[PDB]
Trainee: 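Please take a look at this structure featuring salicylic acid.
Letters A, B, ... label the chains, following the sequence lines from first to last. All chain A residue numbers match the PDB entry; in order, they span 3-164, 193-528, 537-1317, 1326-1332. Following the PDB entry, chain B residues are numbered 1037-1135, in order. We number chain C the way the PDB entry does; in order, the residues shown are 741-790. Residue numbering in chain D adheres to the PDB entry, whereby the residues present occupy positions 593-642 in order. Both ligands and their constituent atoms are indexed starting at 1 by order of listing. Portion of entry displayed, and contacts counted within that portion, nowhere else. Both backbone and side-chain heavy atoms feed into the values below; hydrogens, waters and symmetry mates do not. According to its header, this structure was worked out by X-ray crystallography, 1.6 Å.
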Amino acid sequence: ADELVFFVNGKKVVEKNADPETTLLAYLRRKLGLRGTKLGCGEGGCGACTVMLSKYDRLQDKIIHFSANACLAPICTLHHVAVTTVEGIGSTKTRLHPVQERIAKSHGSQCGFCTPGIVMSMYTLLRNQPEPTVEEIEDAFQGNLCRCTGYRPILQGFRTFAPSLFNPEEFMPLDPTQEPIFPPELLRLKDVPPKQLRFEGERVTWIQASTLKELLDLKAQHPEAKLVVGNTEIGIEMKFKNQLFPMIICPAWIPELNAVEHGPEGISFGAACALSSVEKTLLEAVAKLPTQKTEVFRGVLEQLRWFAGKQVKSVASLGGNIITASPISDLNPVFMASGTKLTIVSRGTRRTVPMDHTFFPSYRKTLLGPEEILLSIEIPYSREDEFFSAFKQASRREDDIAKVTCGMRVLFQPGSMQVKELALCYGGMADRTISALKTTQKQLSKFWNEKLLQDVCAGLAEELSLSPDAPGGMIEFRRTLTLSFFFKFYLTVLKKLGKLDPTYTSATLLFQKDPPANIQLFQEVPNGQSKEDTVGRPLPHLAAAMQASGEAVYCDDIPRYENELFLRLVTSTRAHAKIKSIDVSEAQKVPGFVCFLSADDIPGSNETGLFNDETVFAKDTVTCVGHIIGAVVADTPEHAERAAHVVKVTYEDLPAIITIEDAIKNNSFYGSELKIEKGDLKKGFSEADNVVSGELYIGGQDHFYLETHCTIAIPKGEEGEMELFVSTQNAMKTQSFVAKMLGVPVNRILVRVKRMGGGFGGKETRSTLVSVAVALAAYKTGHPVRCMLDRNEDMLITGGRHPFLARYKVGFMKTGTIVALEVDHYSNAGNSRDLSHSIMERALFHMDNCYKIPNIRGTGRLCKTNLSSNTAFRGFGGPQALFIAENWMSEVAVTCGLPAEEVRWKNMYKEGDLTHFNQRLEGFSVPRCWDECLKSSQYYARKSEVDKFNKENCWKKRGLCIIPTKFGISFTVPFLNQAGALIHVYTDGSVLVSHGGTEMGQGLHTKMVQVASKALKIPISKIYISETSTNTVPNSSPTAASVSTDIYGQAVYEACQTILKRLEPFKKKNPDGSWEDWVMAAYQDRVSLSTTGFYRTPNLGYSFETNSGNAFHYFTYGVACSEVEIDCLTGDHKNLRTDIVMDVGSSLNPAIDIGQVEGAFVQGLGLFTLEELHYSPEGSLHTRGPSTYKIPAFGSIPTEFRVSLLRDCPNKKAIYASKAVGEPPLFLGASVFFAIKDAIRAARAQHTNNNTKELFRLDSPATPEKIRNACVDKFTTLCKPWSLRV
Amino acid sequence: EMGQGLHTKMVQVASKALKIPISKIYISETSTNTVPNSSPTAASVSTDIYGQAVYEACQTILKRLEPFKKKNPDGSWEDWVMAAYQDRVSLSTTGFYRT
Amino acid sequence: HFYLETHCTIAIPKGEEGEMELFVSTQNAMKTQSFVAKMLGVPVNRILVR
Amino acid sequence: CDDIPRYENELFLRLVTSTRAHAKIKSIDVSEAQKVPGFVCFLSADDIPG
Ligand SMILES: Cc1cc2nc3c(=O)[nH]c(=O)nc-3n(C[C@H](O)[C@H](O)[C@H](O)COP(=O)(O)OP(=O)(O)OC[C@H]3O[C@@H](n4cnc5c(N)ncnc54)[C@H](O)[C@@H]3O)c2cc1C
Ligand SMILES: Nc1nc2c(c(=O)[nH]1)N[C@H]1C(S)=C(S)[C@@H](COP(=O)(O)O)O[C@H]1N2
Ligand SMILES: O=C(O)c1ccccc1O
Ligand code: MOS
Ligand code: MOS
Ligand code: FES
Ligand code: FES
Ligand SMILES: [Ca+2]
């Protein structure tokens, strides 16, 4: 093998034994020790692994810079390429780069795991355009996801490159002259002609071909050899589909495969040209050539706008997309509809054919022979009388897989409306790209008119049929899209042939962004407050700079010991079955295999889980797909994964219960019914003028913390001692569960948590699934062992939010006043209890939202099913119950024919009222939040503008909704409301604070340092918090229920008071001395400078049996108004504007609190409108990665996004008058859901029927499928019994 | 610990003070983030001074557990400890001594 | 002295805020901590000696 | 201490000490040291940050 030579951050790397299977991400992290680049998914959709690549382009005679996903970039494609990672642009140890400084100071980093990738996407943009436009800045992040921030701060801080939370005037200006130079050595090497290279790995041989002749000789000798250019398809096939291609040929260096030629018929691109290059060339052509010649080009560009992100488009080749031949390719339908010419060659042969329906004969195949390669593609200029359109509709606009995608072309006889040629090609409607030939052939010679529209729609409905078992489901929606896209094409062509009814015009408009507008309002601190007292000030997260530089250490970033091994979980592939046998004979053959662990290897107990109803490793039976059966330990992660894949388990299926309906039918529940009942329901229903009954469903949610679960376990070899580094919110339970499994006392186990790259409740208990397995491996082998879950394992195994089904009945007066309410809740709990009971209790505690209901009955049942156990997720049952409440409230308004805001206001609690669980509402600020939100959002004025828009538009509608929320603060299990701290003041006066809480991005340590600095009256610079550990603060409650600031704040405060009391005698003797003087005097006088602090929330204890006692210490409140615009023909929608007013008492840190409000709101927006998990009828999760599970993207947030923290609202019940903010704002994301529902009502009034009191059901999430299907019209109708009783 | 058996003696002291077997007590290591500003282990006084500091920390634990012992006199150390935890009483304390 | 185990130290730099964790054969973790902090020019609270 | 496993990237230090009871250090030449396989660096007073 030849040496692979490339550069990383300006340093030369010579790899003498490059393995073709090694990705750049693995190489950076495991060989170069550069851990700033992260693994977030391994499938190209999160951007956490983003790096910049720079090379000398021989064809352009210039150095080019572009971004790429290190998780998919083979190092074997990087010969003579210069890589720049986050570490290469700046650091806190030298100096931060402006991109790093701004994202940190703008509050654009919370947990920090996505920060390096976003920093690199932004950095790459600036290296290409030092003064980008706002649009270029937003587009730079099509391929980057953040789960914490809600995106607003990242964009607002970066907008600077185009009281207040940050000051742009302080920012260091960008100076391009100070950027690292391209490696001089690489610039010299450019003067040496390319030579063919060969790399040999453990399983694969890679040939880098330098010339076209070499490529053709290689393909003639090895027809099976797999070509790889960008690796964005092959990398997925290798990693996720268990494919192994022993020989790969990379033809990327070949001039002919990279040539661009402008011919008389069109523009030709070599097959290796990156999509970003195609995009640039076509944009240039569209700007220079007449509109009539660029119809096809604009179609290609419209698809490229929504094709992955910058990282993928910069490496993905044209040839790769065409030859991969995926049924959902967004480009093949366009190339097929336009008859794009393909030049195909093999040694000694060359032919050119226009792409047509025959080019794709069957699933993933094309008409190329085994020895042939695609050389170039010529995209045609459009002719006179020829028009083209391309459309794509997915689950999320940005970086998503098409549900239906198409290319449509029509050629008319000269100057007429008479069809000469017509081509309608679709992706997503079959196992290959297809053309609706039967349908289009019938229109040849017909004229473009209403009858043609009807005939084509009827034809498409018949020809593009979908059987009920079609892969991907969404049968009705997909068929509706095929007709809807044709309708858009039809109207667009009429416009181009030309007037369209003005109310129809917007149906022809391509998606357009409106400029962003963001405002944050909060309260300034008192005039006389000391500059060193930072409580109330917008201090950035203390680790934000290190997060932006890639220096912040997350679990897997901790270096491995030389003898450290890797663990891979072996999980069930059946929902419910007996395990008959396990065969490890094949796994034992994989190189580096160490051992297979199972239940029999456990030295202590195999009984685990919060309620002791789970196994550590399955014994005799598996009860869900993903149920952990055992684990393989090996010398490398790849070897452990390969060995685990071949462990063969033989099963015998048992009857399974998957759904809530299955559980109810089978009486499959955990425990008995939970219930809260107040008043007289029968009397209430008798009094009611109206009564509405219904059923509602809300789907689950995957946490999608950017850092998945991970544990490192270090066995000491003495007395059973073990030290573990874990990404968990619950070190205490990690510690006791590990000790229980090992059969040793809890005092032998040390758990340390530095920080988590997100938790969101998902790491409150389920992190032990991994911790305990890794601990067993360390115990059995005597070696350190680690495991970080891949995203697909994480989504499958670890549980998520509980789906809820509700059956309700509400009685109300004609005025809208509620007089009775019954709601029966059912949650899908999965295969163990875990936190399901407490979650249902919190759901019952919030079924009132902010409304007084005199007679009310709510019940709850936990469904026991053969699915992974669901758990805590930000909101913990509250969002589900609050959603159900707002759904019936929205129906009361509709039924009464009254404005929704009036009906909500008149039902709202008042100061001093009692809730349905009889707790008094003291300091009830919803009314102020409501009136202020109505005013600042200009709700009334906009309501009329929305109505006007709906009158003027037939196929687009707007919706507006304002909703309130209240969230009870405290753990509903009394004993968890306790908190400890430990503080030491060293002899130099520096202070080390330790407390029971953990940092997961919410800024808890930052707030505790702010609190300690105010209490001690010393600068925050003298205080430090390093980590959370069980040997500093024991028996800690999980960092949850949004109360960490409240309780650890008090514990830290109390520890500081003790320190002050001890120092007082020294301060009195030397009043003019310094803190350092007093500390040293205390030390010399032998006064201890170490103390604990503790806090117990008072007066808590509610009983469901007596419906009495305080469930919560106080409530956090807020109101949100959101406006949306839906596309009635596709299901897509824009979040136009959202205004939030939140009561967080006297904020300890308005930057962090506004960040929590925005982040929580966006996660709620995701829950209610974008995020959906799909499972087979047998209980197997289909959606296991960002490609199929769509969380909010940069482009998903409200365009105008305003957040205000309520002024003059101190909360006497918590530290420094503040209020909990973690979870309360999430439900406000439902304001988007109800604005969408309002818009759908307008669309139904327009095309469905005139029943203005109709109550149509809309379950959550309101995805494009649900939105489109609810917009009933002539198209949904197109996509019988012998007798009917009269 | 440098071989002189200081941790052994401290476990013996803590066991006598708490009136529980030494098997329930453990000392893993010495660290600056658990006990700060320590004098060097020297002058032959470690047993004397850390013995007192350990003794005092044990007294504080006993005082916190006393209400639970009085409520359930026939219970076990484990019962009292869990009752204290469930009642949100801290089971962590410092101890200190000055000759 | 002829202690059978001679002097020994392992120093682990964390890469964050000057933090360092040291495993040391010493009777004086306090002075080890402050002397390391003094040489590095960082506050004593950044140094952990075990 | 030395029984604690080494990290995969853990390096080793060897002190360079005076061979004279009392003298001026005129110069230090590490050119031969730099040739030893595995050499990473020579550290001296000017490398101290604090
Ligand atoms: C996060 C993500 C998002 C994506 N988004 C989209 C999307 O929105 N729409 C869409 O359609 N696709 C999408 N893709 C798919 C993928 O990026 C494209 O199919 C890409 O264009 C393939 O190019 P490549 O160079 O990376 O292919 P590779 O993976 O390198 O090769 C792909 C296949 O093409 C063959 N091949 C390559 N070049 C030639 C040639 N010259 N002659 C003959 N055979 C050849 C290879 O042998 C292999 O079978 C996405 C992928 C990821 C990872
Ligand atoms: N950035 C970030 N913010 C977050 C989370 C997170 O994992 N990352 N977890 C949320 C959840 S589920 C909770 S309960 C609270 C917990 O922290 P707190 O009690 O300090 O507010 O933070 C919320 N905000
Ligand atoms: O929110 C709660 O009420 C709660 C109760 C018990 C455990 C975890 C929790 O979040
Ligand atoms: O209470 Mo959060 O960890 S769901
Ligand atoms: O006092 Mo002993 O350490 S000489
Ligand atoms: S880890 Fe590479 S895109 Fe997510
Ligand atoms: S700050 Fe972006 S994922 Fe946490
Ligand atoms: Ca559960």
Trainee: What is the full set of ligands or chains that belong to salicylic acid?
Mentor: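 Look at ligand 3.
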Trainee: Could you peek at this structure and say which chain has the most contacts with salicylic acid (ligand 3)? A name from the PDB entry would do.
Mentor: Xanthine dehydrogenase/oxidase
Trainee: Heavy-atom contacts under 4.0 Å: which other chains make them with salicylic acid (ligand 3)?
Mentor: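 Other chains with a heavy atom that close: A.
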Trainee: If you take every non-hydrogen atom within 4.0 Å of salicylic acid (ligand 3), which residues does that pick out?
Mentor: A:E802, A:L873, A:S876, A:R880, A:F914, A:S1008, A:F1009, A:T1010, A:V1011, A:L1014, A:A1079
Trainee: Please list, in number order, the atoms of salicylic acid (ligand 3) under 4.0 Å from a heavy atom of A:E802.
Mentor: 7 (C), 8 (C)
Trainee: Identify any other ligands or ions less than 4.0 Å from salicylic acid (ligand 3); say none if there are none.
Mentor: ligand 4 (dioxothiomolybdenum(VI) ion)
Trainee: Please identify which atoms of salicylic acid (ligand 3) are closer than 4.0 Å to at least one heavy atom of A:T1010.
Mentor: 2 (C), 3 (O), 5 (C)
Trainee: Help me out: UniProt substrate-binding residues in chain A, which have a heavy atom under 4.0 Å from salicylic acid (ligand 3)?
Mentor: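 By heavy atom, within 4.0 Å of salicylic acid (ligand 3), the UniProt hits are A:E802, A:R880, A:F914, A:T1010.
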Trainee: Which residues of chain A does UniProt mark as Mo-molybdopterin-binding that also come under 4.0 Å from salicylic acid (ligand 3) by heavy-atom distance?
Mentor: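 Among the UniProt binders, by heavy-atom distance, it comes to A:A1079.
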Trainee: Go through salicylic acid (ligand 3) atom by atom and flag the ones less than 4.0 Å from a non-hydrogen atom of A:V1011.
Mentor: 6 (C)
Trainee: Would you mind listing which atoms of salicylic acid (ligand 3) come within a distance below 4.0 Å of any non-hydrogen atom of A:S1008?
Mentor: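 Going through salicylic acid (ligand 3) atom by atom, the ones under 4.0 Å from A:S1008 are 3 (O).
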Trainee: I'd love to know which UniProt active-site residue in chain A is nearest to salicylic acid (ligand 3) and how far away it is, heavy atoms only, to 1 Å.
Mentor: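 Answer (UniProt active site, heavy atoms, 1 Å): A:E1261, 5 Å.
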Trainee: For atom 7 (C) of salicylic acid (ligand 3), what's the nearest protein heavy atom and its distance?
Mentor: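 For atom 7 (C) of salicylic acid (ligand 3), the nearest protein heavy atom is A:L1014 CD1, 3.6 Å.
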Trainee: Quick check on contacts: which atoms of salicylic acid (ligand 3) are under 4.0 angstrom from a heavy atom of A:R880?
Mentor: 1 (O), 2 (C), 3 (O)
Trainee: Starting from the N and O atoms of salicylic acid (ligand 3), collect every protein N/O partner closer than 3.5 Å and put each pair on its own line with the distance to 0.1 Å.
Mentor:
{"unit_1": "salicylic acid (ligand 3)", "atom_1": "1 (O)", "unit_2": "A:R880", "atom_2": "NE", "d": "3.1"}
{"unit_1": "salicylic acid (ligand 3)", "atom_1": "1 (O)", "unit_2": "A:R880", "atom_2": "NH2", "d": "3.1"}
{"unit_1": "salicylic acid (ligand 3)", "atom_1": "3 (O)", "unit_2": "A:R880", "atom_2": "NH2", "d": "3.0"}
{"unit_1": "salicylic acid (ligand 3)", "atom_1": "3 (O)", "unit_2": "A:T1010", "atom_2": "N", "d": "2.9"}
{"unit_1": "salicylic acid (ligand 3)", "atom_1": "3 (O)", "unit_2": "A:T1010", "atom_2": "OG1", "d": "2.8"}

